[PDB]
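This file shows Voltage-dependent L-type calcium channel subunit alpha-1D complexed with amiodarone.
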Amino acid sequence: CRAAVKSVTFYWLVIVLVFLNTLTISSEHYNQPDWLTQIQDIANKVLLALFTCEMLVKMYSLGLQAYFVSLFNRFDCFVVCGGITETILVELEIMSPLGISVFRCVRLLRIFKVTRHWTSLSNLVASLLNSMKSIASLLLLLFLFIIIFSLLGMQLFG
Amino acid sequence: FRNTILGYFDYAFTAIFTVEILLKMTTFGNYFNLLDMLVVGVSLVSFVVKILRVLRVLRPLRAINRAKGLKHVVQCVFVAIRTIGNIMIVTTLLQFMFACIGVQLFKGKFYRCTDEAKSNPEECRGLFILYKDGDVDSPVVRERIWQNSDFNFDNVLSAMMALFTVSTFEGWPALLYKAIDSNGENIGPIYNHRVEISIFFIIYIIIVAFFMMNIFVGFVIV
Amino acid sequence: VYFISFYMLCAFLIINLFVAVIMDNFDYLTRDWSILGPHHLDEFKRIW
Amino acid sequence: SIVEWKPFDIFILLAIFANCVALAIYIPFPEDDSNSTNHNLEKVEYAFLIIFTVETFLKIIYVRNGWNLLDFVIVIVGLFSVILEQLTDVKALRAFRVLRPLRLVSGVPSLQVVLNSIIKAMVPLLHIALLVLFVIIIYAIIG
Amino acid sequence: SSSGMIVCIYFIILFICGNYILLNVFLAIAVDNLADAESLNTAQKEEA
Amino acid sequence: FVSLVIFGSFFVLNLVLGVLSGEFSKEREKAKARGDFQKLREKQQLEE
Amino acid sequence: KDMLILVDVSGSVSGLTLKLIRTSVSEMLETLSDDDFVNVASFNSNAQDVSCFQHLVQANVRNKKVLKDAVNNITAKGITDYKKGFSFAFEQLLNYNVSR
Amino acid sequence: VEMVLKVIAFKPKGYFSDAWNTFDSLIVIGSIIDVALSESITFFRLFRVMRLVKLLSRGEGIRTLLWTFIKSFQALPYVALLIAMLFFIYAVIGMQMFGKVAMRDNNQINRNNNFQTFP
Amino acid sequence: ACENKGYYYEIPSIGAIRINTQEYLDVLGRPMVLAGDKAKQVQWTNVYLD
Ligand SMILES: CCCCc1oc2ccccc2c1C(=O)c1cc(I)c(OCCN(CC)CC)c(I)c1
Ligand SMILES: *[C@@H]1O[C@H](CO)[C@@H](O[C@@H]2O[C@H](CO)[C@@H](O)[C@H](O)[C@H]2NC(C)=O)[C@H](O)[C@H]1NC(C)=O
Ligand SMILES: [Ca+2]
């Protein structure tokens, strides 16, 4: 029921899928060939379908409640919903000229799915996530200093 | 004259170093000794040549084995490099993602014509009259070329190089104000078109250079 | 490659030298004069 | 003073933020030029100054705290500038209203304590600053 | 010429007093939460 | 100018960082007595 | 034609865009002949003539030189008043005292 | 006058015992030389400014800081050797590679910035 | 410009001054082309150097 999804074969399959997604995203360039664009849309559709199928398979064998407890699953849900929304908006009656580039950055964040298995660098991430109040305090003080000096410069050399 | 005089000298050391290798091997008959023979070996092939001449710079690299302190500090540097790599990987990954975002944003939008009057390559052709220092009474004929920025975001590698130059805090205002004027795929710049695109550069600088480069030094200190 | 590699290597070596110098004087940099210090010993020697 | 515990501080903080954003939306034009937005912002600054001097007068009924001294100084400077403009260099003294965002930290103990820690951290660096000054003087003399 | 050079202290203050805060806000995060991570790692290694 | 660059900033930058790094590490020993790291360890030790 | 040139000499045009206007006006006067009547006026919270003419002139070689010299002496200062600037321009086109 | 006044009451033999005392010893003769050459020349003219730092470093927080950092620098003379080796290697490589680029007055490779010589 | 039977021109730099200061004759020529045959008469200029 759940042994196959946690197998190392599944891990390597999802790793090769995310590598394919990264290669698809990082292959765009100026004056790129039209056939390269065609392969890019084909890969986008195929990988979106595969990732949706993988998510649905996981949801029917692991449990819905265990997902939202961890911050990784909710982010993946957001990414997949953004991707399907991007595809339906692109192929729907809406042109979305500027939103094409924005939505690519949404699906670019799949590398976190494979960086989450570090467990060696996660100590720093946990510490900086737990010191968020202090980080915000210093950042806000720096922003206030910048704002004050910007207004003073506006008065002086405006 | 000087090169020939130094050329005669180069023969002398190779004779001494070959003599050193044979006697050292005779009584000893690791990879440090391979480097000792590599420096002397490439010289004997001499006497494409440019590659060999460049490679002969390995002469002082074999003084590390002859000094305990130099070897110790080299090993300490290597150990410091090894422990760091977790931070390098994260920084490189984030810089690659930012390069991809910059490619999606400013792909081919950094082109401009030699004179600030033609806004597309279809009319940026031929000759044009240039006014030196803005004076109307001193005109000169110049050719107009549809040029591209030296540090652009045309492909991923170009974006990575441009973001590296930005992260070194060198020429980053020029790139910022070039991206602010970025209008379209194949059209010229517009003065202060999208000032809101500066958020990309500000966020990238804050995340990488201010934050993840100070974590680098802090973790070295720790 | 030449310029990028030189910049990276030089930056790494410069911060390595800086942190080595800093760690060589960590006793002074965390002296905490509120309890004791070598200035007391110097004053004692001067009085001697 | 009984009712001024929760709402007075919040109202003053909101007034400070509104003054900051009003200063942000001002456009300094070259050679005494202006537009309608600046004309409206002049009256907005008038109202903000009225509120600030009312608060300063009320708070007395003070000087020991540095933040209250700063508030008093900026309030009387604003009154001086307004009186001079009405009864008249003229706008050169206008740069003292940039200290309004500064007193926001007073209302923010968090920011304040952080500010106090950062300021207190500067004491060990004064010797390095003196050394830098001496090196600068010596090199300037040599030049 | 003239007294227009006195305004240069605006940039001197903005640089010295700006880099000082920049060097206390982005270094505190890299020295406090980073030293604790190594201490957390050592404590975790004790149980491991 | 080369000597001014080496002494003026490189030496001074090391001196400025050395004091702050020592001062920041001096805060680490002051905050360890209360046990702030223990709270982070206690919160972290129950996650696994 | 009966060209009447309105020049913005408000504060916001000081700098590069002031000498751009001065050159633009000078090149505009080069498209006029002795059959066309021209005058140049400037407005900054108040409208006035940049020269001594006070009305439309024949725009010959002598008169165009005066306007070119006068338009090169203008400076940018004050606020912008389009209502007071177009009223001055519209009223100068209804003079009919003089030859037009 | 003050050098001789100090020597008379301090004896020449003990003059070199103190590091700071010898600093004033070697400066004044430079001062009495340029007063003659005024009416090569700039050597002792420049070297007379050192008296400021000499007699103004007599503190207790700056002098100790400078001395301990110089001692640390002397205690680690091999990282500097590594940096010098890196500079030497990269300078030789640059001389071999970009040494033939012509120096033009309107470019980054100019008469003041070039790979033509090792310095 | 649109509401007053006119035209709008942009002069961002010196290079655009010469071309944009002569294009207003296209707008002024509209009533002449609509007149047709009656607006076709030979006009002689002033004496000028060739
Ligand atoms: C020994 C060869 C490897 C050195 C090295 O690899 C990295 C990989 C990712 C990120 C940084 C490095 C790195 C550095 O040592 C390095 C790079 C930079 I860029 C850098 O910043 C230089 C300029 N600085 C202030 C102007 C910007 C933060 C510093 I400090 C150190
Ligand atoms: C000339 O133009 C003026 C206005 O620019 C007309 O107005 C008269 O001006 C003259 C003196 O300049 C006087 O008669 C009056 O002050 C104005 N009003 C009237 C009703 O005359 C004037 O009508 C025009 N024509 C003449 C011949 O002056
Ligand atoms: Ca205006």
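Lettering follows sequence order; numbering is per chain, from 1. Only a part of the entry is shown; contacts are counted within it. One-based numbering, in listed order, for ligands and for the atoms of each. Only this structure's heavy atoms are used, side chains among them; waters, hydrogens and symmetry mates stay out.
Counting every copy, the structure places amiodarone at ligand 1. Other chains with one or more heavy atoms under 4.0 Å from any atom of amiodarone: B, C.
For amiodarone, the residues with heavy atoms nearer than 4.0 Å are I81(B), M88(B), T91(B), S167(B), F169(B), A209(B), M213(B), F216(B), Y7(C), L9(C), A11(C), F12(C).
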